[PDB]
Amino acid sequence: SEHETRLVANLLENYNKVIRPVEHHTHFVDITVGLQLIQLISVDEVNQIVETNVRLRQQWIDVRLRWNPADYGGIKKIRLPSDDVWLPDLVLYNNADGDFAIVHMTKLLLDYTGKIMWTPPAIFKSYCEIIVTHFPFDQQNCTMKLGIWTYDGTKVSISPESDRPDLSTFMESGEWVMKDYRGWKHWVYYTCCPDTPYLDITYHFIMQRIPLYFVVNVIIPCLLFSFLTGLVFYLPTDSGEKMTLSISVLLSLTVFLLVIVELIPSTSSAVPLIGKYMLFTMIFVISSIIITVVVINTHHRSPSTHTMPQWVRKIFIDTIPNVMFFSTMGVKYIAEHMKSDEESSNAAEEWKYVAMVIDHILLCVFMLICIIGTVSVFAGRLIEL
Amino acid sequence: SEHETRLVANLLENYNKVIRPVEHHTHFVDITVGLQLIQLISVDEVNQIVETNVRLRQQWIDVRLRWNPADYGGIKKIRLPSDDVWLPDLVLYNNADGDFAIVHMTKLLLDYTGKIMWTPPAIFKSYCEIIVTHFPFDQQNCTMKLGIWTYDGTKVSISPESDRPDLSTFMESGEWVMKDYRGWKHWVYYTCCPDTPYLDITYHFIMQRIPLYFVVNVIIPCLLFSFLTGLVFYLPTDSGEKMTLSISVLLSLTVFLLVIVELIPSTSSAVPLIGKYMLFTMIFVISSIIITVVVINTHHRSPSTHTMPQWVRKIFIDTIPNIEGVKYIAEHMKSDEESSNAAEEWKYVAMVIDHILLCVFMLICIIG
Amino acid sequence: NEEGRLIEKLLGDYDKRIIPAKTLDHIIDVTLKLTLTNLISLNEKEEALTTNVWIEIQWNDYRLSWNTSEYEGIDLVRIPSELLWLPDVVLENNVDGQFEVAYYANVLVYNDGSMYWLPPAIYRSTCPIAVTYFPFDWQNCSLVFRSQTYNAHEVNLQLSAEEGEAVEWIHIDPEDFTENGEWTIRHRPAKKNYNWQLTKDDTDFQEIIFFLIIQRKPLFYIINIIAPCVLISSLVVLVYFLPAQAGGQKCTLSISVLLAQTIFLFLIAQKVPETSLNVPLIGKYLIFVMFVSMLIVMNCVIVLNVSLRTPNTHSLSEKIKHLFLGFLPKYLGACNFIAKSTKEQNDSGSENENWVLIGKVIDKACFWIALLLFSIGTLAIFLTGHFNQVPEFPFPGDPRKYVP
Amino acid sequence: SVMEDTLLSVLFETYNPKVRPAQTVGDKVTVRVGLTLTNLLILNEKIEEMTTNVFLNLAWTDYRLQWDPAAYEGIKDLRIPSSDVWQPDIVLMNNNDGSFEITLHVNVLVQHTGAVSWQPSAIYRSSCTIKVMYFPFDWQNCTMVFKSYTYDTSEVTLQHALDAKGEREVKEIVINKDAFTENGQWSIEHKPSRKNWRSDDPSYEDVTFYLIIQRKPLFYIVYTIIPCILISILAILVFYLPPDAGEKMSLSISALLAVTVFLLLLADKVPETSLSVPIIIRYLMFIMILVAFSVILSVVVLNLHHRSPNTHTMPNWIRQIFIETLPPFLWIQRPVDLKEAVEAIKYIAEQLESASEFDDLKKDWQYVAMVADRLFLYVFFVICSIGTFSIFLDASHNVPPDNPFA
Amino acid sequence: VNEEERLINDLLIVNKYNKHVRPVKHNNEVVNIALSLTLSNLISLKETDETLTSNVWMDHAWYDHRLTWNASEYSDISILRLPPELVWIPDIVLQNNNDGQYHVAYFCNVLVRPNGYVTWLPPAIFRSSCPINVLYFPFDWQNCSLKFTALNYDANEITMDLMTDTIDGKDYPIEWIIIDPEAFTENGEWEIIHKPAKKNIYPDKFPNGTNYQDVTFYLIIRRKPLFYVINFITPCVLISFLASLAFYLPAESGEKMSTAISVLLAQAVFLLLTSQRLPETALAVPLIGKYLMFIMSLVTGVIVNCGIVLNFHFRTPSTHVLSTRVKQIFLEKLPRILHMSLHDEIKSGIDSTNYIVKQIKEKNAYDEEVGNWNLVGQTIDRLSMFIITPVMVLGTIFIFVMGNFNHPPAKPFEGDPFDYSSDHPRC
Ligand SMILES: *[C@@H]1O[C@H](CO)[C@@H](O)[C@H](O)[C@H]1NC(C)=O
Ligand SMILES: C[N+](C)(C)CCOC(N)=O
Ligand SMILES: C[N+](C)(C)CCOC(N)=O
């Protein structure tokens, strides 16, 4: 268009992009800043970073760029490269990866009254400290702090477009749900510049993790192995394979501990409930193994070198009525030897019986302990309401 | 300063950076080139890529950039930016992932006689064919090949600053130690340009790996399992748990072999000595497992259906060790005694075989 | 806007390629001040320290000086850094190729020529990781700032001053500081350093070093690695109470303990650098417990061998029988053929009983030995991990504290 | 001098690339947008990002770039640098990374009538939502959205690209038979294109190219399904093993460990999104539960086998169920000084008789254990077969539709 | 002073050189660009990413009549070096690349001769995308390609073609990848069997569309399998032999199943480690993967057979009878084929002795029945061994011989009798 060509030539003739668009240097530029979250790209928990795709819409009035539409053939809006006009320098304060400011520099809409409407895209890889206490049933509240860097509040003023960031076109995360989101404006005084307040806007998001993936992939096998640890007591010590089951479950829990450690950050601010549950389960397994070795030793305890004390006989013969289950409530030398053999066999059967009674008691108490422990560990956060 | 402003304005007002800084086109602009290593960032063995931090010192005489200090207030140095003067195009011919030439383009010192010294930094990710024969006690010798890539011997005539690269400020790697390092100058003829010799300088570093990390993380557990290999024989066959121990040791050794495979590159130039030793230990474990299965079968070899060979009963037994009142039970007791004696002979044969294998393992451990 | 006229007047006869020295032999005083906003991470595998900082570079440029009376009392303007001469202060000890700052913010220039530049940066500095006392270790990292182009005859690197007192620290700002979690900053001194191996015209003669002495908080590691490892390794002494009568599975338990310790060794390797200058304390403990477990596997094999000995294959001499039965435990605490068969089987049974008694005595003695060894090793390792605190002073010889 | 140089000098004496080519105020520049897929590089499910190699066939009309070929020695077309002419900011709004614009920036072709045609090549990492169900027997629907970043419907009018002949308009992704390599993992079932409008704002228009791709499930069948079927066979075999041989645990828990290892080494191939559970992970869950119950019932069988009349007394209901009720169904039918010497023989005979009765009771307990073992074997076999067949049947029933619904 | 400054000022400034115009005297004429490739180093071939990363020198040659001068008029200037940003260069780009790298890594200067001949030899690190055929892994040969096309001009404006060399007065096209002996490092894992180069014309396209011409350089590279053999094949076969001979373990010892189960677990571990060292493609099942699947199935069959043997060994006459057919088969036939190696008080005592003898007889009969069952179990063990070990050995030998017989073709193209070798130019 010849009219638009003349208009662009006229506007960008004595225009200096270095200087602020104020008429008098005493005044300030009020930039209306809104952030819209197109997509939550990722939440890296180990590195405590959130990658978000955003559009950083911002509007401000530049007096030097106004014109009369009737002169230039009734043109009321044009589009200009952002490199040709003065741009506010928004910087993401909290930042881990990527640049601090906008780097794409897309074109901007210029209204005939000087109303610039620059909406550039960005990917904010912003640091944000995650609370790993309730894992994986946690909600992460964390923010993006955008502020004008080299200008104080008396020369460049930033103002939020709305109380909340725009999520009209926000893609569903598939891993988090946005419980809440809000932007707040702060006048902060820094040690650099104590006499002038710098303005910033912090947009904070609450993201509640959907735990279905982590539950199925981690928690269910751990519960299964805890149940197997509880079960190991019902196995008869005569068959063997008891230590086999115990050590197999211990190795499985060690592997799952490694897997969980690879997931959560190494911070010590708060111990995760998943970590303390792993520790509880491992202590449970160790106690089961120790008392299992005790039971095995008592079962194979020699009936000759170990005389059965009276107190164990009393306790583990009168305990059975208290428990309601399926348990029971030359010509002469050969005869002498086999009589002694059968007497020793019965004495060993007494030790086998007390070992079986201990096994039943341990089975009951360990099933109860497993159920109570898992309920106490998980129902604290599972009951959100 | 105003004098330096006038000097910079006058030097570059009719200066063309395209043309070489030579009075006559038949001459060559001699360039003194030196390397200064700062830190050995990494040696990726799997991809055979060595990442180093270097500074590339280059000195040459630019005749056009000469001035009289007395006119410009006694100024003798300028410190111009590099993007304003002719720069030699040194290219790392061995690049494997990164830039072939210098990309930082820092400022360069400019003397009043025309001498120019430019020391840009660089991150050289060069190719490094690693000899994996020894491990984790390897010694790596891979080079950096710097040429000019556009001019020949009669145009730039590169030259080395010193016989050895400067390591006066080299940060200690911790994982590698510098044994030797030296730079050599070569005149090479390529298929492109057979009638013009292209000059280059190759700087080679000999790095000796510090094996403490790999020793602790691999060799010690591998040695423990290799020692556990021989405890199978001393373990009685009556207890069971023999095949379990042997198989556990074998699986551990296979896991560590896979770890070693993940550590070393996939080249087939030479087999690592650690890999060869691991394979030999696996062979020994397999042989021990076979002998253990034979010994178990011998121990449980009932005499009711299997007779006792005569040669075995010779060697392994003698040479290597050095109307209702019918008594139906007496004859069966005698037969059971005979069968038990034959079974005991089988037990003794198994024990002798186990002790012989244990002695063999002890001799192997002693010689190792 | 008078700023337009002022800036077009300043940058008229001005070029950024020339150091603003007043005359010949005039050194520009460039002063630095770091501000640590967030210690982002310390990646051990790459031996890198990633920090978010604001660096304050302050100098004087006589060319950029004006008269406030002629410009409606304007005493401060912002000029893009790309249009001005910069001292080219760079981080020398960077793992990557990033030498200069990330953003290149504007420079505040005053009427007298004072230049104030405060760009933010993400610095991936390099520092060797002293992994001797991991995870109860403290790391002494540093950020070194030099002038990439100018030498000591042209610029003069210095630390910032407030009221005559030079800022000798990193100046954590309360408004915008965030704790790193696992790492806590015990000391943060700053110091100008020289080389003395180079003359003062080599651009590396002068440096400014900001030291971060940080301490790892080991509660996470204690809960997730050390405690499970100690609990699992404590099972290897439990093997001496299992029976040796072809059951109880002593070998399976001991080998499973060894395999679990190997898994923990792999886990440790997945969190420790490959520095190889020293072996980590947790790594030393893992090697010790694996060696103890191997010895206990040997002991289990020997006990199974002794307790399963029969009078056929082995003869129980009285010198060994009496020694292991009467002394150490106190210190430790047609019928003719039928009778012959019964006696001959009872003799073998008695020999087997004596052998299993010898095995049990050996089990008790070796259990006490192994328990003492394991307890002493664990206590020694995790007590020398303790009693290892950050030094009281930042630089050890100096009596200064280097704190605000 | 070449007439091309003079033509370029005359053509760009006052041309401004920053102003939109509107003949009169209020006109719209119709931009025809098409896509040519040269190589679908990959579809990373971990980050839900499809990277592809494409050519963006853009066409528009610039009234300023007009000339008379008769007056310039017959120059009917020119190939000129892309940066010297105006161009719509046709970008991929769907990009997962920050790359919106083109990678290559080839020269634009201009005819003497002003018809500009630009076909720049690019590598696009578009954001594709992944439906997790049915993996790895899945059919993904990845969209690439193209529109002018800076120009809306009041300034440009997006259209579909024309064919090689001008009369036909292409409504689909054009795949060149040459220079196209089929992906070894995905097959292009449908590749339609459509113009999209969002209601409540009549200043928005997209051209969306849809890739409906069906995954070829091999390398998943072979490497996960068949080993898991073998592990399931082992879990079933657990019950046929006799309790007397001490290896029921060593087999069942080993199978459980194998399934868990398969899970943990498959965790790096499925997306972390948790809208639903994929078919393969659900099948792994089923196998884990089956093997765990196999372990539990093997423990129960071992406990039953080692019970003794001295330690346990068989309840009446246990005997009724497991002696004369189930074995008929399972075909496990059971087949069917002198005075001192005298006292010694009588005592040992009585002891032998008592031991015989004790052994009879112990054999009754072992028979109950064996009957329970066979019952569990049959139940586990039928349950495993039915579950596996049903899961893989409904997985095989999943095919992409016929009408893409563009 | 230097004459190069005057020469360049005359060529580029006085003559008003335009770098955005084709070096053609007048339009409707083609600028022919000769193209050649030199392989300095084949950096890597990642099968998981299916990428070929190579270090190349990409030589271009053409004519630019505007860059013509009289040598004797400029004090005999023979060669000139000019930056690419000052002169027109043909933009030849690698069309098939995984990353967004189309051009060369470094834009080195261009060499111009007084006749207008211009040559350009920039280096490049090219990451091209070639599909990986894993049918015979690790004894496999890959066929990777690098396709270069001119997208700034159509075939009616510039014409790509292979660079030509001259031997004893005859010119031949260099239809192969040049390997300079002074600059080339062997990969150590891949050996270049064939390195052809072709100029492809597609008649189905039009000359005015930039899809008409390509220049393709092919690398047929055979993997040297010694590393993979030593580090994966030998341990797997050695472990499989353990399951092969697990039948030799007697049923009395409670470790018969454990050995086979552990061997199966090792085979699964090897399978899952192999799966990661190959692309996630469904074109074919890898040779090593197919062998491991066969071995795992056979070991599972071995485990099932061992379970059957254990079940047949521990069955008792109290629960299981011994059928006539089972005896007549397993006790006799198969082992032959397989060549297996006072007053009333004393009366009560007599009755007590009678009961003792009867119990001894019953125990002896029970012992003989369980012994018959044990012998049946051993017979089944021997039969399973002699039916499983040979088939496993034969399968392993056949699979690995078939893999080792996989060799790259003698000619690089099926229908082309010519061998694209540097030693036999066609001229
Ligand atoms: C600055 O302005 C004041 C008042 O106009 C004047 O007195 C003084 O001389 C000026 N100084 C300079 C250096 O121009
Ligand atoms: C706003 N703040 C304090 C973070 C940076 C200010 O830097 C300046 N004054 O340029
Ligand atoms: C000689 N060589 C191959 C290293 C560089 C060739 O580049 C030229 N001369 O253009």
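Quick note on labels: first sequence line is chain A, next is B, and so on, each numbered from 1. Both backbone and side-chain heavy atoms feed into the values below; hydrogens, waters and symmetry mates do not. Order of listing sets the numbers, starting from 1, for every ligand and every atom in it.
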- prompt: What drug do the PDB records list at ligand 2?
  reply: carbachol
field: Binding partner of carbachol (ligand 2) (most contacts, the PDB entry)
entry: Acetylcholine receptor subunit alpha
message: I'd like to know the other chains touching carbachol (ligand 2) at heavy-atom distances under 4.0 Å, if you can.
response: A, C
query: Which name has the entry assigned to chain C?
result: Acetylcholine receptor subunit gamma
- request: Provide the transmembrane segments of chain A per UniProt, counted from the N terminus, that have any non-hydrogen atom under 4.0 Å from carbachol (ligand 2).
  value: none
message: Mind listing the residues near carbachol (ligand 2)? I'm using heavy atoms under 4.0 Å.
response: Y93(A), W149(A), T150(A), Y190(A), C192(A), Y198(A), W54(C), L108(C), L118(C)
